[PDB]
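Numbers in chain A come straight from the PDB entry, and the residues shown are 30-270, in order. When a ligand or atom number is given, it counts from 1 through the structure's own listing order. All values below come from the heavy atoms of this structure, side chains included, with hydrogens, waters and symmetry mates left out.
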Amino acid sequence: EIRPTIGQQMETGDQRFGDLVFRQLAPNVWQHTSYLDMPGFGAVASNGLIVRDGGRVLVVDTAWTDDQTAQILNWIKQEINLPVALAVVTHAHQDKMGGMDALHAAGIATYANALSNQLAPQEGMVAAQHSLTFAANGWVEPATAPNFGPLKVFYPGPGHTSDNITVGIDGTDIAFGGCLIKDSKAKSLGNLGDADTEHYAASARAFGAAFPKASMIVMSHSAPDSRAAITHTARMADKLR
Ligand SMILES: COc1cccc(OC)c1C(=O)N[C@H](C(=O)O)[C@@H]1N[C@@H](C(=O)O)C(C)(C)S1
Ligand SMILES: [Zn+2]
Ligand SMILES: [Zn+2]
């Protein structure tokens, strides 16, 4: 089994498939986990989501690479056997957008914050094919997110990056914080190289308030946690100001 240097370990309830791990979170929701080997350091796990919505599947975040992302699509075909309608990617970093070309080669419609698409070329990424825009309170403009089914996209403000977005899964008690949110026992906020240290705490709290009844908080580099992940992340971020 895969034992990453950074990221949750494999536990009961995880399925290894190729180089990835998949974990069912709800009857219609799975977490995908992929690993980037860094020289001298070992593997860094990154998580995203797969959601079944009737006769189609929706994806949140790519894997770190195109080949890993193709493996996610192969898991979906094996385990669910339904077409992927769209993917939402949650900011212009490799862990979230590194596999765009695999989605595009598969014919999957891709969506990201307009700002992520504008930043992608600067970050060594390929832009999504569609841009999401947001209201002044963070909620996505619905005409930009057509036919998103249960995915409720919210821009919480600058934090981990200026472009980070989050996704609630309507009809469940799950919300996805991506790299913005760290787990309740984390010692650090991760890579702050692109972060907005002034606004981070408010942005973490705004994610909590956008999805006030989400009890299972999914994030990029830890196992799903309680809402203490949100509150702890904000408390860490209070120290940055
Ligand atoms: C353009 O992106 C990259 C290029 C090369 C290597 C990378 O990660 C090792 C990445 C890249 O995607 N870096 C991200 C980032 O900088 O936020 C990752 N997310 C961080 C986080 O959630 O705190 C991390 C797990 C410490 S690294
Ligand atoms: Zn990032
Ligand atoms: Zn990350």
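The molecule at ligand 1 is the drug named methicillin (hydroxylated form).
In this entry, more contacts with methicillin (hydroxylated form, ligand 1) come from one chain than from any other, and the PDB entry calls that chain Beta-lactamase NDM-1.
The heavy-atom binding site of methicillin (hydroxylated form, ligand 1) at 4.0 Å consists of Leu65, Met67, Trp93, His122, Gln123, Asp124, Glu152, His189, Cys208, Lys211, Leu218, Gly219, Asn220, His250. Close approach to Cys208 involves these atoms of methicillin (hydroxylated form, ligand 1), each under 4.0 Å from a residue heavy atom: 22 (O). Backbone and side-chain nitrogen or oxygen atoms of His120 are examined, and none is located within less than 3.5 angstrom of a nitrogen or oxygen of methicillin (hydroxylated form, ligand 1). At distances under 4.0 Å from methicillin (hydroxylated form, ligand 1), the other ligands and ions found are ligand 2 (zinc ion), ligand 3 (zinc ion). Residue list (UniProt Zn(2+)-binding, chain A, heavy atom under 4.0 Å from methicillin (hydroxylated form, ligand 1)): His122, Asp124, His189, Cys208, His250. The shortest contact between atom 15 (C) of methicillin (hydroxylated form, ligand 1) and any protein heavy atom is with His122 ND1, 3.2 Å. For atom 22 (O) of methicillin (hydroxylated form, ligand 1), the nearest protein heavy atom lies under 4.0 Å away. Residue contacts with methicillin (hydroxylated form, ligand 1): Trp93 is placed with no nitrogen or oxygen under 3.5 Å of a nitrogen or oxygen of the ligand (distance criterion only). For methicillin (hydroxylated form, ligand 1), the atoms closer than 4.0 angstrom to any heavy atom of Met67 are 9 (C). Note: an N/O pair closer than 3.5 Å links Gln123 and methicillin (hydroxylated form, ligand 1) by distance alone. Looking at the UniProt substrate-binding residues of chain A, I find a heavy atom under 4.0 Å from methicillin (hydroxylated form, ligand 1) for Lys211, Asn220.
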Are there any N/O pairs under 3.5 Å between methicillin (hydroxylated form, ligand 1) and the protein, and if so, what are their distances?
from, atom 1, to, atom 2, distance (Å)
methicillin (hydroxylated form, ligand 1), 2 (O), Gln123, N, 3.1
methicillin (hydroxylated form, ligand 1), 12 (O), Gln123, N, 3.0
methicillin (hydroxylated form, ligand 1), 12 (O), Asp124, N, 3.1
methicillin (hydroxylated form, ligand 1), 12 (O), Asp124, OD1, 3.3
methicillin (hydroxylated form, ligand 1), 16 (O), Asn220, ND2, 3.0
methicillin (hydroxylated form, ligand 1), 17 (O), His122, ND1, 3.0
methicillin (hydroxylated form, ligand 1), 17 (O), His189, NE2, 2.9
methicillin (hydroxylated form, ligand 1), 19 (N), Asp124, OD2, 3.1
methicillin (hydroxylated form, ligand 1), 22 (O), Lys211, NZ, 3.0
methicillin (hydroxylated form, ligand 1), 22 (O), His250, NE2, 2.9
methicillin (hydroxylated form, ligand 1), 23 (O), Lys211, NZ, 2.8
methicillin (hydroxylated form, ligand 1), 23 (O), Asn220, N, 3.0

